[PDB]
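(R)-naproxen:Aldo-keto reductase family 1 member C3 complex.
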Amino acid sequence: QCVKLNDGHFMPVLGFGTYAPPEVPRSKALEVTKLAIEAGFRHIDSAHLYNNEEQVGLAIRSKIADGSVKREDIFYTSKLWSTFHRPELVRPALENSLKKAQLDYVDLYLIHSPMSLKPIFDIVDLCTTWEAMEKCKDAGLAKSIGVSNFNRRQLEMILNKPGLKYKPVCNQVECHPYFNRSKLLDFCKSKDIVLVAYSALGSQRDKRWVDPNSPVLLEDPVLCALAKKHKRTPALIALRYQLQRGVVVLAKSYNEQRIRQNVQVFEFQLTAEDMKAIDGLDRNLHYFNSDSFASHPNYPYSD
Ligand SMILES: NC(=O)c1ccc[n+]([C@@H]2O[C@H](COP(=O)([O-])OP(=O)(O)OC[C@H]3O[C@@H](n4cnc5c(N)ncnc54)[C@H](OP(=O)(O)O)[C@@H]3O)[C@@H](O)[C@H]2O)c1
Ligand SMILES: COc1ccc2cc([C@@H](C)C(=O)O)ccc2c1
C-alpha cells in the first residue's frame, strides 16, 4: 500500500530500516537490502550518518539491473546530517549522498535532526536550512522533502515561515507502543504531514544511547497476548498498530527470516479492542535517552 504525500508523490507505507552499528561489516547492508526488496519492501530508509549509502544504493541498482524492480518502483530516503545545517552545505551534502548511492535523485531527503552540530553544538536558523531543501526539490535532487526528530514547535516554525514554498511531507520520529506520539500524530494529520515511525520495534537497544535496563518492547505482555490471539508475532502486532493509526512504519532487520516475516503486516488486521489495548501501553518512553541529545539547546523532547 502507499500513501499520497502533500506534494503529490506517493510513499510506500512500510519501509526497510538499514542502520546497523559499525561492528556489522558494510557488505551486510548490500545483502539485506537486496533481501528486503525481494521480500516486497519498496521503501528503503538510509542516511549519510549510516555510512551505508554505497551499499544500499548498489542493492537498489542491483535489483533494477536484474529486472525485479524499476527505479520508479523504489522509494529511497536519505537524510542531511546535523553538521551540514548551514544552508550553503545542504545541496553539496545531498549531491554527495547521491554520488555514494550512484542514483540520480532521492525520493525523500530529510533534515535528520533539529539539533545542529559544528560543521560541540552549532546555532543555525532551520528556516534557512529548509529554504536550501526547497531548492533541492526544485532542482530535482529530491522528489520530496521532510524532517526528522522535530517536535510540534519546531515543525510549526517551518510551517509558519514567511514565503514557505513546500511543507515538509513527513516528520520521521521515534514511535512505538511505549511512546506512541498521539498528540504529535494528531497535529501532523491536521496539517497533512505523514508521521513516519522509527524504532517501531523498540530500537536496536544500542548502548551508545539506550539504557539496557529499559523494558524490551517485543517482550511486552500485551503485545505477546495479541500475537498469540492473531497467531502472528509481537513485531507484527507493533507494525500493524502503526499502519492502522495512519503512521508509515519502518522496520530494520538484518535477518533473512525476519525480513520476510515483516511484510506479513499486510496479511491481517487488529480490531478496535486490540488497538485500544496497544494504545494503553503508552508511557512516554523514548529509548534514545542520552546526554548527547538531552543537553542540546534544540533537544526535541524538551516539550
Ligand atoms: N531518523 C532518525 O533519527 C532515526 C533514528 C533511528 C532509526 N531510524 C531508521 O529507522 C530504522 C528502524 O529503527 P531501528 O534500527 O531502531 O530498529 P527497529 O525497526 O526498531 O528494530 C529493532 C530490532 O527489531 C529486530 N526485529 C526486526 N524484525 C523482527 C521480527 N519480525 N521479530 C523479532 N525481532 C525483529 C531487529 O533485529 P534483527 O536485525 O536481528 O532482525 C532490530 O535490530 C533504522 O534502521 C533507521 O533506518 C531513523
Ligand atoms: C531525539 O533526536 C534524535 C536525533 C538524531 C538521532 C539519530 C539517530 C541515528 C543513530 C539514526 O538515525 O539511527 C538515532 C536517534 C536520534 C534521535
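Just so you know, residue 1 is the first one in the sequence shown, and it goes up from there. Indexing begins at 1, ligand by ligand and atom by atom, following the structure's order. According to its header, the structure was obtained by X-ray crystallography, 1.9 Å. Hydrogens, waters and symmetry mates are skipped; everything else that's a heavy atom, side chains included, is used.
The full list of places where (R)-naproxen can be found here is ligand 2. Among all UniProt-designated active-site residues of chain A, the one at the smallest non-hydrogen distance from (R)-naproxen (ligand 2), rounded to 1 Å, is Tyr50, 3 Å. Under 4.0 Å from (R)-naproxen (ligand 2), the heavy atoms of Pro300 that appear belong solely to its side chain.
Of all protein heavy atoms, the one closest to atom 7 (C) of (R)-naproxen (ligand 2) is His112 NE2, 3.8 Å. Within (R)-naproxen (ligand 2), counting atoms from 1 as listed, the ones closer than 4.0 Å to a heavy atom of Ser113 are 4 (C), 5 (C).
Counting only heavy atoms of the protein, atom 5 (C) of (R)-naproxen (ligand 2) lies nearest to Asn149 ND2, 3.5 Å.
Going by the entry, the organism behind chain A is Homo sapiens. Set against the non-hydrogen atoms of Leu49, the atoms of (R)-naproxen (ligand 2) under 4.0 Å away are 9 (C), 10 (C).
In chain A, UniProt NADP(+)-binding residues less than 4.0 Å from (R)-naproxen (ligand 2) by heavy-atom distance: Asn149, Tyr198. Residues of chain A that UniProt annotates as binding substrate and that have a non-hydrogen atom under 4.0 Å from (R)-naproxen (ligand 2): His112. Every atom of (R)-naproxen (ligand 2) is numbered from 1 in the order shown, and the set under 4.0 Å from a heavy atom of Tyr301 is 1 (C).
Among all non-hydrogen protein atoms, the one lying nearest atom 2 (O) of (R)-naproxen (ligand 2) is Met115 CE, 3.2 Å.
Of the protein's heavy atoms, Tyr50 OH, 2.5 Å lies nearest to atom 12 (O) of (R)-naproxen (ligand 2).
Contacts of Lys79 with (R)-naproxen (ligand 2), taken as heavy-atom pairs under 4.0 Å, are absent altogether. Evaluated by nearest non-hydrogen atom to atom 17 (C) of (R)-naproxen (ligand 2), the leading choice among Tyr287, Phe288, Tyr198, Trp209 is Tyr198. For atom 16 (C) of (R)-naproxen (ligand 2), the closest non-hydrogen atom on the protein side is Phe293 CZ, 3.6 Å. Binding site of (R)-naproxen (ligand 2) at 4.0 Å (heavy atoms): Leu49, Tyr50, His112, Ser113, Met115, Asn149, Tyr198, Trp209, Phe288, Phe293, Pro300, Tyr301.
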